[PDB]
Undergrad: 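Take a look at this one; I'll ask things after.
Numbers here are sequence positions counted from 1. Computed over heavy atoms, backbone and side chain alike; hydrogens, waters and symmetry mates excluded. One-based numbering, in listed order, for ligands and for the atoms of each.
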Amino acid sequence: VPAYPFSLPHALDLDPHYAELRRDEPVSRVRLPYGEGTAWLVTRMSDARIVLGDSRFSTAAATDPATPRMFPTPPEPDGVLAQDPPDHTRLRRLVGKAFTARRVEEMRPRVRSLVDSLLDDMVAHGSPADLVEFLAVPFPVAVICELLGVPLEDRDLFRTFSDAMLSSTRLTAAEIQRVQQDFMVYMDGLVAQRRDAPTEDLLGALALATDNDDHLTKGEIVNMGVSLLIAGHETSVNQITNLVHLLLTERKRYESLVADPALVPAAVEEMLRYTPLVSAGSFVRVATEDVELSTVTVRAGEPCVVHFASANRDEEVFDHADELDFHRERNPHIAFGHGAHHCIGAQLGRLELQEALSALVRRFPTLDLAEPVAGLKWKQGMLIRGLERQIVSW
Ligand code: HEM
Ligand SMILES: Clc1ccccc1C(c1ccccc1)(c1ccccc1)n1ccnc1
């Protein structure tokens, strides 16, 4: 019956029907914009974890044009998220051997160098300043560049490919393609150079990854680096604005970090739990067998959407579920998903948000929102919520 996106997003606010569903119909039929039939909407954490972390669901099945979806275009099946276990598993493994926790934590001194530079320019420009232009946009692209080992001299041209994607950019017809193909050249050229001569960075290590005699192709290393640049940029950008937004606008939260900057990591986790960043939820899962859920049981062709943000507000698992508690002891959120398709960039994402917040706290203990909240330029966040602008004073 009900059309799925129940509403267009206001701010970081949740449509009130997810909570109602969470108590009354945790698993609920809905009709998504496109594709055919209906889908199971999964609102709570228990069911979410089953659906997201059970071998009995497929994401490759949902590349079928007659599967319910959000965009008119269906999904290409060679995309990571759409890939199913045997191959996906091979994939996660190989990049796994390069996108390691160690490499990501070893970014930290460098990444902290970049944030402090960016904030230096913000101080140079004076006392009100658009946090989006000075911090949120450049910071994620610069971090990815550094991780890929994009050579220092032509990152500015990485900056234009990246933010020539974002929710809107040049709008110059579809010759955003003449942006794709000459950049696609670049990556291929770069991937080739490091395959011959590897370096301390993702590409160099994607070049060397192995798994009992198994390889990544020049082609596979291109599709990942790009897939990673796309994914990481617009999300990280928006999330930066979302956290700042939550911290100011209640502004005792920000104070609580100034007073105690050691709380930044716990705060970020808690803020990841709370922010409904992903507005329509996760990539579509299509049950391959019969999986029993909380209240219904799902049969073999029916698709489900897991809504992460509602799972993250499930009052069965989080006390004071709809409040920000930076001192919460237990926080089993799935802001980064779960199971096989758990976010590949989860740690780099935590790195970004830790260093950003901690920098703003050291350097700008007087930070404050410098426009009225009611008027804030929220993106039309069908996919990803975030702010188009964020003026702040100090
Ligand atoms: C605020 C930061 C981030 C959040 C909240 C986030 C959230 C998520 C979520 C929820 C998924 C799973 C989708 C599903 O199961 O249907 C996911 C997957 C993914 N994320 Fe992120 N993500 C973030 C940052 C990043 C970054 C920085 C990158 C890359 C540098 C990235 C790349 C990916 C990729 C490649 C996948 C697919 C993994 C797979 O299918 O095996 N994400 N992310
Ligand atoms: Cl953020 C999100 C939620 C659900 C599905 C996909 C994505 C998103 C992504 C990642 C890899 C492949 C396709 C989409 C995504 C990419 C681009 C625009 C919106 C969402 N993602 C970004 C970071 N982590 C997950």
Undergrad: What's the name of that drug at ligand 2, by the way?
TA: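 At ligand 2, it's clotrimazole.
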Undergrad: Supply the name from the PDB entry of whichever chain has more contacts with clotrimazole than any other.
TA: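 The chief chain, as the PDB entry names it, is Cytochrome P-450.
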Undergrad: With a non-hydrogen cut-off of 4.0 Å, what is the binding site of clotrimazole?
TA: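 Heavy atoms within 4.0 Å: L81, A231, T235, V278, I384.
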Undergrad: Give the source organism of chain A as stated in the entry.
TA: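 By the entry, the source is Streptomyces antibioticus.
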